[PDB]
Amino acid sequence: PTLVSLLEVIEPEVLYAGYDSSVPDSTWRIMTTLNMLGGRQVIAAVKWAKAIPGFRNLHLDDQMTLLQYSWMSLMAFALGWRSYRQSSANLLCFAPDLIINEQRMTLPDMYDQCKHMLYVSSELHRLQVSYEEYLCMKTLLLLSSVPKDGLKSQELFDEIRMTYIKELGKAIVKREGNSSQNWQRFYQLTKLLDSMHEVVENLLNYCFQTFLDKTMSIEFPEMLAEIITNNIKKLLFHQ
Ligand SMILES: CC#C[C@]1(O)CC[C@H]2[C@@H]3CCC4=CC(=O)CCC4=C3[C@@H](c3ccc(N(C)C)cc3)C[C@@]21C
């Protein structure tokens, strides 16, 4: 079996959000629903990553560090892919039952958040990215940041990232070109991967949880310790 065929088989199914359209939309209802769906997608990202060949032989500390640094990137990228594929990049397709149409986008705070995710979709559309390219690109997002002080098994990590870079290469060559166009396309796709760092930067500035949510989650002694208690190398193909 080829390596991309194995990526295809472990690719997560698309989850429903459990949003009901029988109530008028509100920003609260959508964000609340997205909170639940986002937790579920993280669980599915971990399960996917744990079956990535190479990656899965890193110590768990390395695997968990990589996931910590990349889960938002992976979810925004797959969101981008879904939106491109289901709606030709017209609409943000969080889930088959939760699509942000032109009207939901005028809801308070929707445009500002969504415009960053719609950028991913529109780039996949502009570049006409193939499914095999997408699978390899998405694995590379898992391997796109490391601790400043290095992983436990940095040498293995290097080997694994290089094998998925070469896999991306093989997906571009299959899709097509007469030499100049393979390298142009490699340039373009690796620029998109780089730009995912900036997408995630914007997306991290949004509200994770409220005070009510925080209060219900934690016992007071533990929150106290947190209060008393008051680095990352972004791997770039291009400077
Ligand atoms: C509209 C909107 C919006 C956002 O606030 C910004 C990016 C969304 C994120 C992208 C990546 C993402 C892709 C999806 O498929 C919707 C799920 C999703 C989200 C949302 C989310 C909510 C909670 C978490 N936690 C608790 C693990 C993770 C993701 C909502 C995000 C943060």
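For chain A, we keep the numbers from the PDB entry: what you see runs 530-759, 768-776, in order. How was it done? The header gives X-ray crystallography, 2.3 Å. Atoms within a ligand are numbered from 1 in the order they appear, just like the ligands themselves. Heavy-atom basis, side chains included; hydrogens, waters and symmetry copies ignored.
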PDB drug name, ligand 1: mifepristone
Most-contacted chain for mifepristone, named by the PDB entry: glucocorticoid receptor
Mifepristone binding site, heavy-atom cut-off 4.0 Å: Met560, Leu563, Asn564, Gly567, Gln570, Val571, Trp600, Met601, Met604, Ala605, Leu608, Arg611, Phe623, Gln642, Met646, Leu732, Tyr735, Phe737
Flag: protein heavy atom within less than 4.0 Å of atom 28 (C) of mifepristone: yes
Atoms of mifepristone close to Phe737 [distance to a heavy atom under 4.0 angstrom, numbered from 1]: 26 (C)
Nearest protein heavy atom with distance in Å, relative to atom 17 (C) of mifepristone: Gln570 NE2, 3.8 Å
Species of chain A according to the entry: Homo sapiens
Closest approach of any protein heavy atom to atom 11 (C) of mifepristone, naming residue and atom: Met604 CB, 3.6 Å
N/O separation below 3.5 Å, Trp600 to mifepristone: no
Sub-3.5 Å N/O-N/O distance, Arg611 and mifepristone: yes
Per-atom contacts, mifepristone versus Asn564 - under 4.0 Å to a heavy atom: 22 (C), 23 (C), 26 (C)
Residue and atom name of the nearest protein heavy atom (relative to atom 6 (C) of mifepristone), distance in Å to one decimal: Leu732 CD2, 3.8 Å
Residue, atom name and distance, where the atom is the protein heavy atom closest to atom 21 (C) of mifepristone: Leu563 O, 3.6 Å
Top protein contact for atom 32 (C) of mifepristone, by heavy-atom distance: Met601 CE, 4.0 Å
Ligand-residue contact atoms, mifepristone with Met646, heavy atoms, under 4.0 Å: 1 (C), 2 (C), 3 (C), 7 (C), 8 (C), 10 (C)
Nearest protein heavy atom with distance in Å, relative to atom 4 (C) of mifepristone: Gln642 NE2, 3.4 Å
UniProt domain count leader: chain A with mifepristone: NR LBD
Per-atom contacts of mifepristone with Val571, taking only distances under 4.0 Å to non-hydrogen atoms: 27 (C)
Closest protein heavy atom (residue, atom, distance) for atom 16 (C) of mifepristone: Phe623 CD2, 3.0 Å
